[PDB]
Amino acid sequence: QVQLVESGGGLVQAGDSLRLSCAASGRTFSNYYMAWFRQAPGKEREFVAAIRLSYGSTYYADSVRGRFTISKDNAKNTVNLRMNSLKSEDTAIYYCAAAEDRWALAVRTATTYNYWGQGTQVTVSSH
Amino acid sequence: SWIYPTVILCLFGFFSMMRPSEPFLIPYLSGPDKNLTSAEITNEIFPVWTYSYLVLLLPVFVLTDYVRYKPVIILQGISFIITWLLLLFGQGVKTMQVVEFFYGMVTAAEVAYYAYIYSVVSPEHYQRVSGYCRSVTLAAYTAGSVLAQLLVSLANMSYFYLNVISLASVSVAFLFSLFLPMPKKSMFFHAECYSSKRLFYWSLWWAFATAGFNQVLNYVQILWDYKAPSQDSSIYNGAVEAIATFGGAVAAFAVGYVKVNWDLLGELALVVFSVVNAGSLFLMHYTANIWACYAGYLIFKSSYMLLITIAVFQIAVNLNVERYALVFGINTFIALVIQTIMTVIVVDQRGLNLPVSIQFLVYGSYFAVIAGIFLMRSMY
Ligand SMILES: O=c1[nH]c2ccccc2n1CCCN1CCC(n2c(=O)[nH]c3cc(Cl)ccc32)CC1
Ligand SMILES: *[C@@H]1O[C@H](CO)[C@@H](O)[C@H](O)[C@H]1NC(C)=O
């Protein structure tokens, strides 16, 4: 078991910015993926972004490319997701998940990840 | 006689291949124009070109001969237009895979360009007009590469306008593709030679070298963008590409001029040039300096051109004009099978998924192994 902990989500005003953080724990993470998935009410779990902590490779979903940016704070293990210009469609619950970096890993498939965090809502409200 | 179906075809070959935007492909994609990451480009988008080309090779080869060449050339023009329209306006990874597929269709259709002249020119103007059709495309390639860098560095044009210019070029290339005469005949249907063993050896070397060179050329620009990112440093891709092409052209001519009994020196020269290509790839990988990376590329391309010209001379020296098409089709098909296998194993997200920084170590080892495999049986 590897314990993951998201932190830093909540209400945000439509069009404005927010930063989520997934304080992974419980093991070494020099050979780990770390990707964020979301689940809006009535929809299926969606891929948001991913980072390969070994080579630093980063992948993004086309719905967030350019708007979101994911980076690793190595000295602290706390992976971060920086959402810029959140839009009304971004209301969701965001999960951070990890998988041991291995052969033939499908980065964008929600069934690939062994560990999941409890999630934290990002209610992108619009007045 | 042989003029009009040669001026029209050479103008098509020129304008289609003059695409100033190709050198700056990676800097265009990964910049603020598309926001695509290096990992996505190298491990999800680019591999699709090999797969689509492999799938579309043989069906296009048969269709060209059944349909008598011109319509396939028209299809290639249409594919150029569609590929560049998507590359300009298409966004996201999901569209770049379609762009790669359409470019794979574009490359597969190149058969119906080079072979068209044979069907409509006499056999007393075949030998030379082949040279005109090759040289026009090569000159267009070098001119486009030089123009790209000239504009980027002395005019300050963003990479989007290079693509606009490339689209404007391929549109005019398509126009000249409607005017060719429809061949009244064809090679096989409107009209196993490998039994020779030496031809098989030369074909194996040709196919392996072509696969390795096509992979390296597909994934070179990403190495330059990682060693000297375009976002904060000067990038010289156009000039380096032009000089590499010119060096390849001079190497090809030099091999054609110098007279040497290749039945004895061909294997030695092929081994030496494979070792040179492996060493140059290792130099292009390890060194952090960008200029050494450009020099390694230049040496790689020149040595590969020498190798491939020797290999092509050895294969084609005994084959009839009729067997050329089929023999080279099979040779490029084997090359594409090898390239697809290695791409799936190494680059694809469904395989090892290596980044560009370590891919060239594998490619250098691959070329060194190609060199070393042929040298065995040394005692006893
Ligand atoms: O580098 C240059 N300069 C050129 C000037 C004129 C014409 C062609 C030129 N090239 C191409 C050689 C390097 N060349 C190698 C492969 C090329 N390539 C892929 O592998 N997949 C592609 C998909 C698209 Cl939509 C466009 C280009 C693609 C890119 C660069
Ligand atoms: C790319 O990302 C930059 C980040 O500032 C953004 O300004 C730009 O609009 C994006 N462009 C596209 C086409 O996604």
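By convention in this document, chain letters (A, B, ...) are assigned in the order of the sequence lines, proteins followed by strands, and residues within each chain are numbered from 1. The header says electron microscopy, 3.3 Å. Remember, it's 1-based here, ligands and their atoms both numbered in the order they're listed.
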Which macromolecule is the chief neighbour of ligand 1 by contact count, per UniProt? Thiamine transporter 2
What is at ligand 1, out of tadalafil, icotinib, domperidone, varespladib, alvimopan? domperidone
Tell me the other chains with a heavy atom below 4.0 Å from any atom of domperidone (ligand 1). B
Which residues does the binding site of domperidone (ligand 1) contain at 4.0 Å, with heavy atoms considered? B/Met17, B/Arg19, B/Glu22, B/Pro23, B/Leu25, B/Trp49, B/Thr83, B/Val99, B/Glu100, B/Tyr103, B/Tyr141, B/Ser145, B/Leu217, B/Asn218, B/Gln221, B/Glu241
Write down the transmembrane segment numbers of chain B (UniProt, from the N terminus) that have a non-hydrogen atom closer than 4.0 Å to domperidone (ligand 1). 1, 2, 3, 4, 5, 7, 8
With domperidone (ligand 1) as the reference, which other ligands or ions fall inside a cut-off of 4.0 Å? none
Looking at this entry, which organism is chain B from? Homo sapiens
